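Below is 3C-like proteinase nsp5 with nirmatrelvir (bound form) bound.
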Amino acid sequence: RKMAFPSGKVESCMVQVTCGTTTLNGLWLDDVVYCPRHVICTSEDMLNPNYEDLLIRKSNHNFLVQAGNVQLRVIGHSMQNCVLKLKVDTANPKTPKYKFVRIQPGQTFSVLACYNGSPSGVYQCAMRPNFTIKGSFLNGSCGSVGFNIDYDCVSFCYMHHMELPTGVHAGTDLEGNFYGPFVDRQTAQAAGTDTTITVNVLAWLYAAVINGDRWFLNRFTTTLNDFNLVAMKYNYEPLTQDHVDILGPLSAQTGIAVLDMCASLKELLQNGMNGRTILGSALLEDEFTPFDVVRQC
Amino acid sequence: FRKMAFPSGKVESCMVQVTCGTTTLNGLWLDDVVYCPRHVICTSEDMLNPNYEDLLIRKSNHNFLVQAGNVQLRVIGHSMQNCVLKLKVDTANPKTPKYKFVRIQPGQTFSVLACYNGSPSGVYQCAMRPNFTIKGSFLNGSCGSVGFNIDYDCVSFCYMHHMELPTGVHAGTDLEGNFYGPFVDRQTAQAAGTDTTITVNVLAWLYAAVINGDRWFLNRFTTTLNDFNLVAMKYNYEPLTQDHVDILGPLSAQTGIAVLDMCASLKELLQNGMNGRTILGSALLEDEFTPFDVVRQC
Ligand SMILES: CC(C)(C)[C@H](NC(=O)C(F)(F)F)C(=O)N1C[C@H]2[C@@H]([C@H]1C(=O)N[C@H](C=N)C[C@@H]1CCNC1=O)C2(C)C
Ligand SMILES: CC(C)(C)[C@H](NC(=O)C(F)(F)F)C(=O)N1C[C@H]2[C@@H]([C@H]1C(=O)N[C@H](C=N)C[C@@H]1CCNC1=O)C2(C)C
């Protein structure tokens, strides 16, 4: 099953940021608050914003940053790509060890969905190959963040900005650079056709073998190039050299070579499951990374 | 539409490690009491057939090692309440949330904070099954992990983890130490009663699918409550009560689909199957979202 990281370290970093009547969420680390830059927009502004000109008309005293109902005075502001950095007069005493990372398609993370600076729920998400996430976000959720935790260190990888017409979600890394070709303007935008995350399907097949569900293992192997060309005919992502390497631990644990598992997946694509299940599922799951498999055990 | 858990921070601040002899598991530290599964006092041999009152009288306060992070909490008293041990410690938890202990009913959902050696590992959503098991994700050392819900800064603790059945589902207690289901904290093979599907939750999920634009399973037919329940019981679904119909009111109002209309859609799903189609990306009918869960997320 999907498991989110414990969210407590991130909960103590969530604040609300208001400009005029626009309120969204921000992330308070040390004495800086990070939030989506469209907080400075009026509803009419969002249709066609000039962020450089809009930010010129703003001063520190136009920004209301609150931890709960407690105001944190803003003493400086700057724009970095599509995020606003608000320097505040108080360093967050609950700042965790952290870093900012830009993730690849296929990688998973936990989202802490927040409204008015108040955490509401937590769930695991994957970055799709088309650079959207299949999230759960309502009005006011912008500035909610996605993250991973590794031994006391929080790696922030996503800040939420928008919802696309197909119901999927788009946002930035914590340096304000969008994942994908999207822009923070209220104008017609559309996600590209998506694909299946091959490396994660392979990880999930390894998990099935580890648990004794191994009927789909076949007696063939393939080359990575041959597999990549066939996979694309089924709307599956091609594998990178990095994908092969992150499957190494699971390949070692099961004694099933990566390219043997690739050949087994190829048969599943060309012939289906013939009514059978894998880990109880009739569908091939693609939002568990090799790291998620290892973490779950 | 995602299986969303409550933010776990308020509970993380309460998790500690409890050790007795060479048995280690998790405890929940609230004010000056640590609550944990009583089988922490058992050796490996004791667990095969424990007499807990006899085992407990032979322990002293100093046999219990409680660690909150790196700091040990001195145990100054102890008692047993059913299958839960209560350790009085000389230090009150400074981050004790507003909380209550509640016993939940089958079909209700809660968040689990899975912990190992007193340290939180992951958070996920579970339902209490009609047969009083839970389909959790728990490994060695997970005992004393808790399940909870949060309502406006108040934590309602409903579950503490004790054991895994041979089928791979899980059994535990409320925070008064009473098991959900006909199980006991003895290491011996135990089966649960045959499980059933949580009908009111399946209906809430079908409403979530319609809210999200997935309508292929709807039909023009309708049914009475009794005729729906006849088919539901035939397929090992729980009866739908009038209370359930009322609880679904907000979702019927939002979608403009009468509850008994949605029942007729579910009846055909049960009799015809999904024909290789999916609902909200699932090939099976999902029954671990309550109506409240759907309302909160949507
Ligand atoms: C769907 C909405 C049509 C209204 C619009 N979308 C498109 O214009 C697109 F279709 F082009 F994407 C859109 O998201 N926004 C319009 C305006 C901001 C953003 C926005 O309101 N963000 C919300 C943050 N609080 C989170 C949203 C709320 C609903 N669910 C979410 O996740 C910006 C791009 C500057
Ligand atoms: C599966 C195990 C066969 C070993 C046994 N099960 C049965 O004896 C049953 F069949 F009766 F359930 C069982 O769980 N235990 C044996 C012994 C305690 C409990 C136990 O080890 N609890 C663990 C807490 N740290 C959590 C477990 C570990 C694996 N996954 C879990 O969730 C007690 C009942 C006293």
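Chains: lettered A, B, ... by order of sequence lines. Residues 4-300, in that order, are what chain A shows, numbered as in the PDB entry. The residue numbers of chain B are those assigned by the PDB entry, with the residues present covering 3-300 sequentially. Looking at the header, which is where the method is noted, we find X-ray crystallography, 1.6 Å. Basis for what follows: all heavy atoms, side chains included, without hydrogens, waters or symmetry-related copies. We count ligands from 1, going down the list as the structure has it; atoms in each ligand are counted the same way.
In this entry, the other chains with a heavy atom less than 4.0 Å from nirmatrelvir (bound form, ligand 1) are A. The shell of residues around nirmatrelvir (bound form, ligand 1) (heavy atoms under 4.0 Å) is A/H41, A/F140, A/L141, A/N142, A/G143, A/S144, A/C145, A/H163, A/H164, A/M165, A/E166, A/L167, A/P168, A/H172, A/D187, A/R188, A/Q189, A/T190, A/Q192. Near A/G143, meaning under 4.0 Å from one of its heavy atoms, nirmatrelvir (bound form, ligand 1) places the atoms 25 (N). Nirmatrelvir (bound form, ligand 1) has no N or O atom lying under 3.5 Å from any N or O atom of A/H41, backbone or side chain. Considering backbone and side-chain N/O atoms, A/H164 comes within less than 3.5 Å of an N/O atom of nirmatrelvir (bound form, ligand 1). Every atom of nirmatrelvir (bound form, ligand 1) is numbered from 1 in the order shown, and the set under 4.0 Å from a heavy atom of A/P168 is 10 (F). Close N/O approach between A/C145 and nirmatrelvir (bound form, ligand 1) is found [any backbone or side-chain N/O within under 3.5 Å].
The largest share of chain A residues contacting nirmatrelvir (bound form, ligand 1) lies in UniProt domain Peptidase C30. Which parts of nirmatrelvir (bound form, ligand 1) touch A/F140 is read off a 4.0 Å heavy-atom cut-off, strictly below it: atoms 30 (N), 32 (O). For the pair A/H163 and nirmatrelvir (bound form, ligand 1), the shortest N or O to N or O distance falls below 3.5 Å.
Among all UniProt-designated active-site residues of chain A, the one at the smallest non-hydrogen distance from nirmatrelvir (bound form, ligand 1), rounded to 1 Å, is A/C145, 2 Å.
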